Participant: 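Proteasome subunit beta, bound to salinosporamide A (bound form) - let me ask you about this one.
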Amino acid sequence: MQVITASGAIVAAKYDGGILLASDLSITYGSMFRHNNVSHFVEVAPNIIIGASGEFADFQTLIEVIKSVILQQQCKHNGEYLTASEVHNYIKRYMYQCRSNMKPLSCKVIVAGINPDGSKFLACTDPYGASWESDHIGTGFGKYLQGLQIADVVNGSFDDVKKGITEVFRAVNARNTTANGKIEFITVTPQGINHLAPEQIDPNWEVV
Amino acid sequence: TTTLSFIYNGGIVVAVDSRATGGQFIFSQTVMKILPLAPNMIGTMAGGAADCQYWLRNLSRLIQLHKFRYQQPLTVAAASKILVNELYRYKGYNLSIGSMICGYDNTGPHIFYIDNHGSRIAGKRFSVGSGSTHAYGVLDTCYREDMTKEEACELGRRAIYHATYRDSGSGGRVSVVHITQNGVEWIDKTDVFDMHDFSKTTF
Amino acid sequence: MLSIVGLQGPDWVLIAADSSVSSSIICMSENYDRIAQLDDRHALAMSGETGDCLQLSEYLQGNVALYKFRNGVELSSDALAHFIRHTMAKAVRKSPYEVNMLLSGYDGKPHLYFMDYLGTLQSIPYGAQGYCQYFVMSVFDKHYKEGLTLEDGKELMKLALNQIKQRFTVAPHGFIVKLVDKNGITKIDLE
Amino acid sequence: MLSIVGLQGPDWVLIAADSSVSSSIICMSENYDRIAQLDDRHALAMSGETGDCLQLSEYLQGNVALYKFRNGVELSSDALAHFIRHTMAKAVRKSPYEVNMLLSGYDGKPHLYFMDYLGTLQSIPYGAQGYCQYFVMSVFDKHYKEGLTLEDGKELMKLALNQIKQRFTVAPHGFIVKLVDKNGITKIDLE
Amino acid sequence: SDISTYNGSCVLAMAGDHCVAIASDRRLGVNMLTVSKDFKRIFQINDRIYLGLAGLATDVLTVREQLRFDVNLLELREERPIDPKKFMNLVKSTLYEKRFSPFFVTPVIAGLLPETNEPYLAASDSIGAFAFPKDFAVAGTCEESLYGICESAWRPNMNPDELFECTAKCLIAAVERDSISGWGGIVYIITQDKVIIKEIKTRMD
Amino acid sequence: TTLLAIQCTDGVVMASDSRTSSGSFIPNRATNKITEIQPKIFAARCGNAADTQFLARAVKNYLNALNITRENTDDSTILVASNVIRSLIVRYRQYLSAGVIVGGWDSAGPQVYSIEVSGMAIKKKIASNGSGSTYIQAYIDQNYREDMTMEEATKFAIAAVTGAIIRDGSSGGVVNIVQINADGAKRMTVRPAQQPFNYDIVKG
Amino acid sequence: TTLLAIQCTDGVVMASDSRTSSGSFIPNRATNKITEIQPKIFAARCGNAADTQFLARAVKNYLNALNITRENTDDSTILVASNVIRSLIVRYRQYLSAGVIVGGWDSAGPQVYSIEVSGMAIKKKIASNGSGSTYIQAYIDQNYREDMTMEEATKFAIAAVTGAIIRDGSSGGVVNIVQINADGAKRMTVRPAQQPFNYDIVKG
Amino acid sequence: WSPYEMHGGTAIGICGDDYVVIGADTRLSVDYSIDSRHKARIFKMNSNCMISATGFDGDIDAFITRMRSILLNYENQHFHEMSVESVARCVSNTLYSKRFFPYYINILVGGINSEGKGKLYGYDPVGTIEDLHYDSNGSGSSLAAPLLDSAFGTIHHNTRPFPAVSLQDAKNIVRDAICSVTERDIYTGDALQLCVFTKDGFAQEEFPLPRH
Amino acid sequence: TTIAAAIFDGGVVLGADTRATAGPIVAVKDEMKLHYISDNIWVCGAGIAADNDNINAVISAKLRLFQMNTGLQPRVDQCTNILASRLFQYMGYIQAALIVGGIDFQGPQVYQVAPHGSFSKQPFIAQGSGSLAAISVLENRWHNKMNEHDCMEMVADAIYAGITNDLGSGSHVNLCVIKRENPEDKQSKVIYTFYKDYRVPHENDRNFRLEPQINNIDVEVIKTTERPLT
Ligand SMILES: *C(=O)[C@]1([C@@H](O)[C@@H]2C=CCCC2)NC(=O)[C@@H]2CCO[C@@]21C
Ligand SMILES: *C(=O)[C@]1([C@@H](O)[C@@H]2C=CCCC2)NC(=O)[C@@H]2CCO[C@@]21C
Ligand SMILES: *C(=O)[C@]1([C@@H](O)[C@@H]2C=CCCC2)NC(=O)[C@@H]2CCO[C@@]21C
């Protein structure tokens, strides 16, 4: 398990209308800010976004696997996509398979989607294959530089969850070396996936 | 762990502690370290607990398969040979099996020390485990061929008790089994806490 | 590091082996027969882990019996020695048998072969596997005479085993000696 | 990993030690007195490298004699035991003496102390250093009775040493047993 | 494996109603081998201070003798017994002076305050990181077992009888889950008037 | 870390980033990596933070020691500071992973010495050090001119350290500028809002 | 190694250095690090030379395999080349320490994909890789414009790879330029005499 | 590279005369970080038993999926739901099937057998099976085991009959032990999932625990 | 551990959780990680508890001896320099990641001192295992010249963030507010108010306990002796 070309932190949190996921659009080569405007999330289904923090090569391989499996089940079901729970279960089983083959995908993969029943589904699978469904999931330093800023507002209004995620990513930009650039926000709602305009979440620089 | 088995004129006495412990913590004190294999055969469990339990129940399966395939039951030498061959096929896989195949067959009492390493040693007195040295000391010092069933069972029980006292890896209750021509007999599970003589001031 | 010692005579071979089997620091048995009678004519003393020695002995004995039954002829001592050597040469490179052996056979002529886990085959008048060779070879060199009688041979083997007992730090609690002659492999006591 | 065994009685202490000194795989001597008579009253059985044991024994004996000469009083068995413990505690942290000892002394009362290279001091009715404890402690537990006679004590020590010989893989070729009583340290033979 | 695990130890101290109770396993073990069942890990440091050293027997005796050297010198130079807090700081100093070659013993100081007679528990790690639990201070290879049992079992304001009751039962539960610990227990109940030294029976395996 | 000391015609511009990094975590986001050894002598610090701060305090001690027996306290002070940085680094090369660019003004004028982590001290007109200096080596070579004044060099150093901040994860925060002329030393802080470039320069 | 592929409006400029290094020794001083996978698809190679050459030949095989069953041989060929580079790198990540920038022209127009040593493929307008790319990251960010034509991008890439050649020991030699437009691919070699900068840019 | 995350978390099982009370902390956490505050680790395998896995969560999920697969196969090929003893043997064999790539999970199989009696089986990662009256697994196993030993005295006196502790008393014992572990074990925390298998079937309760 | 000190308009607010762990087990649930250095300086420390306690006691003794001999108020940068030099001379072996928080003539100053001796003046600092969970709150809620109460709440919430998010942190939030006794008087005496258990998270308390404690262990007493306590 080795991370080289890494995607930065991800903070996903359920709010009233859906799941709000934020992450920088920068892939870092070690410590270098190598690639910009590279979304860490991939819309694998109209209501299922998949992000990952960690090696982005392993997240592109995982997205290839996910898209292939979704395409298989879509051809079988004449257009119907896999559900967010089914997609996350496949990611859990394929990442555990990779770990069991001793070639783990070194990326913590957040699956955020709306199941057809309308229930928000936010789950995460770590490189080892340990998966968990939660109302809010931070990956990378978004997990560490979080505190109660998400948990207090999770499942709340979009404004409250957005403010909490913005606080967490202000902390990330301040105290994460790999945090570079705008923080893209993606809303996975039962009405689809909307990429809100990326926001520069500036740390409080009156510290000096 | 501490398991012992000795052949005296009256049969095979197999006494085993019941402690499973890794590092310092005592994971259990009620571990059954004698797994029956045939109506008149058992296999002791020492070393790796999972390995001994899986391979002794697999040997029980193989013995039953042989007895149903062929009317003659699988002998104690043949059973220990099956087990030792299977365990040797996994040499280098860090299996840990210490196991005395104690049974009465057509050729009489038979104890075969079987180890993961593939050693299959016939003998009339064996002890396997961290505290097996203490059980060996008590046995070799107090063992007689002409001991009654009660005397032999108490000898095995006291050897296991002294092993439990002097070894951190041994403890719990001494499960004593008497194996005779007629079949395996499970004497009793005696708590070594009760066996300890607290009137003594030396230990 | 078990003490097996072979001594070839004009018409016999005295093959002795450490009779003490062991588990870690415990001498489990004091009469374990480490010498494997692959054939009625060949006794293979084996030094190594008890499991490896037992499995290799059983494989070789089964193959010798299978050769005797497939073809109505028994293996020679050179043929058996080179079959063991082929087995060890195969093993070392892939799945090694960690057993150093002394093959003593009588097929009308006495034969003693120094064999090791790698597969070095050498007919020897006397030899040993384990650390006992460091103690017994010299005594053989000092006291072996061509045409040695069977009684003188037993005396010399007893001297070698006594040297193992006295000077080897891990002194075997006893030895099992077998005479391999025209009458077959007979276990003997050297006193 | 040398076998030293101590057995404390009502008015005596039987201290036995492996009498076989060794260099690598060679048993250099079969009567090496591993028990060090630091005083006329105290015999210190030592298990460890022969050099470390000899140097530590000489240091302790010199210090005991120096205490006896500087002050017109001989060290007690508790005082000597704790002096040895202090020496080992100093050594372990800086320049460790890799010797595990059994200090048997009679100063009007029998005393047997389990001492190790680290410096754990414990008065014991019986004990052993080396792997022999794994073989002898149980026999003591099985056969030691309070008020044991000196003849019963010799029988029990003989039983323990026989267990070392029979079950310990590296069986000492012999033991040197010393009786530490009101008459001093006298070497004895247990047969 | 580990040097601390070499000599299995299990020292407990509990706070009662103006009384403390320091219990300890009585086993001197060498790794997996029981050498003795008469090993003293609890030492009286002062009339109202007892020190249980859970760890390497070598360092149990070394630390006990060094703190008897320090406490005796302090009481000679000051004509006064050492306070439980003063002795706690003394043990902290003793261990941190060897911080980088630490004694492999965790001390457990069970004392009564000189005037108020209140319980005073003070358990540190190998290097004097003293804690001052108002309820129970545990140490030795049974540390997790003792923590678990005493968290549920200890109750405030236990009289000397009840304090002995959990000290003994809770220590028995701890030692019986530690392979290298046990072989008898000793419980010192320190009260305003008397110290009650009860040798309790634990499993001898 | 990005260190960039420029010896100008009329002073010394020591630009630095403000990011202390513990792996991917930034313990200090507003780090003063340029330490005021003397009122007109500053030490930009890269490598181990503890080793570089010890180096700065020890060089303050060594330069005060230089003044124990002399009255020309502002004479050869920058060269002596570089020499003591170099002697401490070579003396403690096993334990100190510190590189220091010591620049300032003294009787000899403006000076900039780059002592490497190896302990190699070179008087440099343009000196750079740290992980972020790598990303801006070509930028410096293309945009550095010997004739730059302290203001021109200050702007160029802000731009270069900002580029290094953008491209280096280990380098970030604000651009700590120190402008040392004969009159004294002026500290400035170029916050990310006031930095000439942004992450947007990446990919155009 | 310096790799710099620029996706221009009217083509792709793949600039590279020509220095193969075995430690401090240069076994090949005129290396063709940009391999002609197809007449209008080239792979600039960084990392292990053997792994990158195997990658180039295997991608030639994979793109010919793509053409076994199709007649639109110049369709999605650059994207497929990047995908096969990425699948070989991830499949052989334990054994292949190869990074490849595959750029060229196909039915989709000019394209530049940067597959990293990790096996991360990103379509890039401006892609750089190798040890020398680090030294020129800031230079590229300051001098790269999205609107550069193939000639402007060729000049800028020559300048950037020359700066990397100057500042990197692993990067050196001539600037191997490949200009891929719809018409085809033109190779150029910018020798050190014809390179815009020299070692003299260091220290001014 | 170690393929396990060594996730902490305690599971305390208590077999009764006619019940089995397994209480496991929901929290999923390793290396001072809580991946999931709630992550159920006790699963109703069938109408006869429940399995409680503590350890690597990837291995918990994989082993629970494998056990559900094997129990479904047993229901299809042997025409009845696998019994608690049969599930226990299957758990032992399933864990041992990976003896050389062990599931780093400690298993408690608690159920109600054909006799109606409670049956708890404790496991190690490599598949040691043990028919137990009580067991503790996970990070706080060392903490919780003395609690159960005191509550029952089975370790103190092995051969004495296991005390006839009522279902509610056993549930309270598991709750108190899990709370003590949560107080002491950092990994144990968040919510307790207290599952009970009785003749009435599988019942589940969620009790808060100290998050800190 | 979660320790976090910030500088508010009138002073410094230091905070620390009260959980000491002996590995994966919570040894202490009321651990004191805020160490009094001088009347104006408090250090909240993480790392090795023994190292933190001893180094804080030693530097407190040094600055008490300083204030006695010289009659001078210890300086926060002085304490930080002494701490950093001591931690550097031990090459990081004294694992005391300290946060000095005090008020001297230069005003309220918060310094970090890494175990290896690297110090840094910062407005808000968080150290320990939960240092990231704390610093997030500190990053989002600290601003120049905030009043005492807002900084108290921010530092307590950062320690609480470390407590909940980090396993190595837990139990209560102890605060220590260094402030001038008269905030309007910059020359007034620098006093401190220590708020022990400033936050006592109710969701983090023991919520269940067997009222009848079930125990089937019987104590058999081998020997009893009673000895006087004097
Ligand atoms: C920079 O060199 C750097 C900083 O910690 C820096 C050190 C010296 C001055 C104080 C802050 N050192 C490091 O170890 C990291 C990695 C590279 O740059 C750092 C941020
Ligand atoms: C460049 O990547 C480099 C060259 O050998 C290069 C490899 C790929 C194309 C052929 C020549 N690879 C290396 O291992 C050295 C070190 C860094 O750059 C190299 C010169
Ligand atoms: C905190 O860092 C921590 C505490 O023990 C802490 C140490 C310093 C001040 C006293 C209490 N140090 C540790 O070793 C553990 C590991 C997690 O953090 C601890 C709780």
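Order of the sequence lines sets the chain letters (A, B, ...), proteins ahead of strands, with each chain counted from 1. Partial entry shown, contacts counted within. Order of listing sets the numbers, starting from 1, for every ligand and every atom in it. Reckoned from all heavy atoms, side chains included, excluding hydrogens, waters and symmetry mates. The header says electron microscopy, 2.9 Å.
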Participant: State which other chains have a non-hydrogen atom nearer than 4.0 Å to salinosporamide A (bound form, ligand 1).
Facilitator: F
Participant: Which residues and nucleotides contact salinosporamide A (bound form, ligand 1) at a heavy-atom distance below 4.0 Å?
Facilitator: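 At that heavy-atom cut-off, the site is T1(F), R19(F), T20(F), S21(F), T31(F), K33(F), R45(F), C46(F), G47(F), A49(F), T52(F), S131(F), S170(F).
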Participant: Would you check for a covalent tether on salinosporamide A (bound form, ligand 1) and tell me the residue and atom?
Facilitator: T1(F) OG1
